[PDB]
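Record below includes ethacrynic acid.
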There are 2 protein chains.
Amino acid sequence: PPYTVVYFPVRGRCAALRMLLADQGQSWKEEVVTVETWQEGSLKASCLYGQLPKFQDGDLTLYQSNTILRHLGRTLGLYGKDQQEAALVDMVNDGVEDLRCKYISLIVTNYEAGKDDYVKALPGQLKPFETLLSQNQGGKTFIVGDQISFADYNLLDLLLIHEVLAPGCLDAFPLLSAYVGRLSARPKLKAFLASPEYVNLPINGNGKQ
Amino acid sequence: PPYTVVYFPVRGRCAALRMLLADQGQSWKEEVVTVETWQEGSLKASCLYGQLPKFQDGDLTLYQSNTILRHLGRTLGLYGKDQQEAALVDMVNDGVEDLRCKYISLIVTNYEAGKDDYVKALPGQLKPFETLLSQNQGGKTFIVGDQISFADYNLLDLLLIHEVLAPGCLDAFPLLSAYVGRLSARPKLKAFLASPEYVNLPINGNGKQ
Ligand SMILES: N[C@H](CCC(=O)N[C@@H](CS)C(=O)NCC(=O)O)C(=O)O
Ligand SMILES: N[C@H](CCC(=O)N[C@@H](CS)C(=O)NCC(=O)O)C(=O)O
Ligand SMILES: C=C(CC)C(=O)c1ccc(OCC(=O)O)c(Cl)c1Cl
Ligand SMILES: C=C(CC)C(=O)c1ccc(OCC(=O)O)c(Cl)c1Cl
Ligand SMILES: [Ca+2]
Ligand SMILES: [Ca+2]
Ligand SMILES: [Ca+2]
Ligand SMILES: [Ca+2]
Ligand SMILES: [Ca+2]
Ligand SMILES: [Ca+2]
């Protein structure tokens with residue numbers, strides 16, 4: 001620290017890392033980039049891959065939302081107990097990323113025509129995470145092992161936004177459903193999720209969810 | 001170990017982890033899945049996310065190409081010298097993955113109509129990695145720090161397939177151009193890249209490159 005998040009005024013790809021920081025009792029600054037500022041081009045030209053989020057951790061500048069999550073995971077001890085658990089954490093996170101990419105593609109490029117197909121496909125996309133829970137202490141703790149990892153925050157966000165996209169998509173998955181409630185009830189995360197800094201942001205940039 | 005790679009008969013998303021293993025003096029088994037076996041459904045239904053590669057490391061079963069890379073990076077010590085370098089390695093790898101996804105989309109969904117636009121955009125997509133090299137010991141070592149990392153193998157693969165797609169795309173990037181020659185000349189990697197194991201597989205599954 002100090003931590004600074006540089007992003008558009010949306011939840012988007014910063015939603016998980018923010019929940020992680022909040023739940024872990026961390027402070028951070030939000031630096032907001034508007035569409036009009038971004039379009040000027042100067043900040044963009046300055047970004048490693050021409051994209052946001054950009055994250056500052058003291059004198060470390062990072063790009064890439066999953067790099068930020070892994071960095072915070074490593075430095076705050078949210079990466080499993082073992083090298084083997086570490087591997088499982090990554091496997092979960094990469095799964096979350098794949099589905100997030102499909103979600104973003106729908107939202108940004110094909111919402112109206114694509115939604116029906118996406119929703120029909122959704123149970124089979126959610127099922128792997130229910131299966132992972134079923135294989136770890138009866139679904140009663142976390143996605144990997146017996147402590148929270150960065151993948152938990154990422155998966156929680158993915159599940160939250162899919163309940164907005166498709167209300168009741170978790171009803172067929174008792175472990176995922178209970179998991180969402182149990183993690184959302186963690187006191188620091190509960191407060192953050194109720195706070196204007198979360199509540200008063202849209203999920204995406206184009207008005208769709 | 002022992003290591004097993006379960007994949008289609010292509011370089012694809014196993015190309016980097018295979019270079020990594022060969023370069024590190026590791027042996028592994030290739031278990032080949034044909035289009036016909038895959039279409040039968042049994043193996044696919046058994047895969048965590050319904051996809052390949054699948055990787056065995058002794059009694060550990062992994063899915064997700066970047067999970068496998070990070071696992072090998074972690075267990076073989078190809079993950080930077082400290083936590084800050086680990087973050088930089090992830091940042092590189094996540095950048096490589098974004099471009100790989102764009103490349104795969106071109107190849108699979110839009111080769112004929114998309115190639116011109118893709119190739120025009122290519123220098124802007126390659127420049128960040130030239131910049132990273134320029135910022136690390138004048139480009140003379142590795143993408144991050146002074147030791148090879150899993151992201152080096154993934155980046156080298158990305159550069160190799162783009163030279164096939166767009167011959168001469170690296171001519172404007174002297175550090176990237178030299179980096180490709182230098183890593184490819186590493187003795188164990190050199191031998192692997194010249195071997196039937198590599199040479200006799202197509203890059204992708206649809207006859208395009
Ligand atoms: N690989 C992604 C990239 C982030 C990304 O897609 N950024 C978008 C908003 S979430 C963006 O900056 N688009 C603006 C532009 O490309 O000009 C990550 O995980 O951070
Ligand atoms: N997230 C990817 C996914 C792998 C993937 O897209 N697999 C393709 C071949 S490279 C596949 O198994 N397609 C068959 C199918 O979906 O049925 C990874 O990094 O491993
Ligand atoms: C957040 C996104 C997906 C999670 C995204 O793709 C995105 C892209 C461009 C954006 O504006 C900048 C512009 O000039 O359009 C905004 Cl606000 C967003 Cl949210
Ligand atoms: C990444 C890929 C290549 C650029 C890819 O998606 C892919 C998908 C299906 C495939 O066949 C199996 C089948 O019958 O679907 C194969 Cl061989 C590949 Cl390589
Ligand atoms: Ca704050
Ligand atoms: Ca912990
Ligand atoms: Ca319910
Ligand atoms: Ca029901
Ligand atoms: Ca090393
Ligand atoms: Ca040249």
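Order of the sequence lines fixes the chain letters, A, B, ..., with proteins taken first and strands second; residue numbering starts at 1 for each chain. Counting starts at 1 for both ligands and their atoms, following the listed order. Just so you know, these numbers use all the heavy atoms, side chains as well, and skip hydrogens, waters and symmetry mates.
Location of ethacrynic acid, all copies: ligands 3 and 4. The macromolecule with the greatest number of heavy-atom pairs within 4.5 Å of ethacrynic acid (ligand 4) is, in UniProt, named Glutathione S-transferase P. Taking 4.0 Å as the heavy-atom limit, the other chains contacting ethacrynic acid (ligand 4) are B. Near B/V108, with a cut-off below 4.0 Å to any heavy atom, the atoms of ethacrynic acid (ligand 4) are 4 (C).
Among protein heavy atoms, the minimum distance from atom 8 (C) of ethacrynic acid (ligand 4) is reached at B/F8 CE1, 4.9 Å. Summary of contacts: the protein heavy atom closest to atom 13 (C) of ethacrynic acid (ligand 4) is B/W38 CD1, 3.7 Å. Intersecting the UniProt glutathione-binding annotation for chain B with heavy-atom proximity to ethacrynic acid (ligand 4) (under 4.0 Å) gives B/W38. Closest protein heavy atom to atom 4 (C) of ethacrynic acid (ligand 4): B/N204 ND2, 3.5 Å. For atom 6 (O) of ethacrynic acid (ligand 4), no protein heavy-atom neighbour is present inside the 4.0 Å cut-off.
The B/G205 neighbourhood of ethacrynic acid (ligand 4) comprises atoms 19 (Cl), with distances under 4.0 Å to a heavy atom of that residue.
Distance check on atom 2 (C) of ethacrynic acid (ligand 4): every protein heavy atom falls at or beyond the 4.0 Å cut-off.
In terms of protein heavy atoms, atom 14 (O) of ethacrynic acid (ligand 4) is closest to B/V35 CG1, 3.3 Å. For ethacrynic acid (ligand 4), the residues with heavy atoms nearer than 4.0 Å are B/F8, B/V10, B/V35, B/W38, B/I104, B/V108, B/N204, B/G205.
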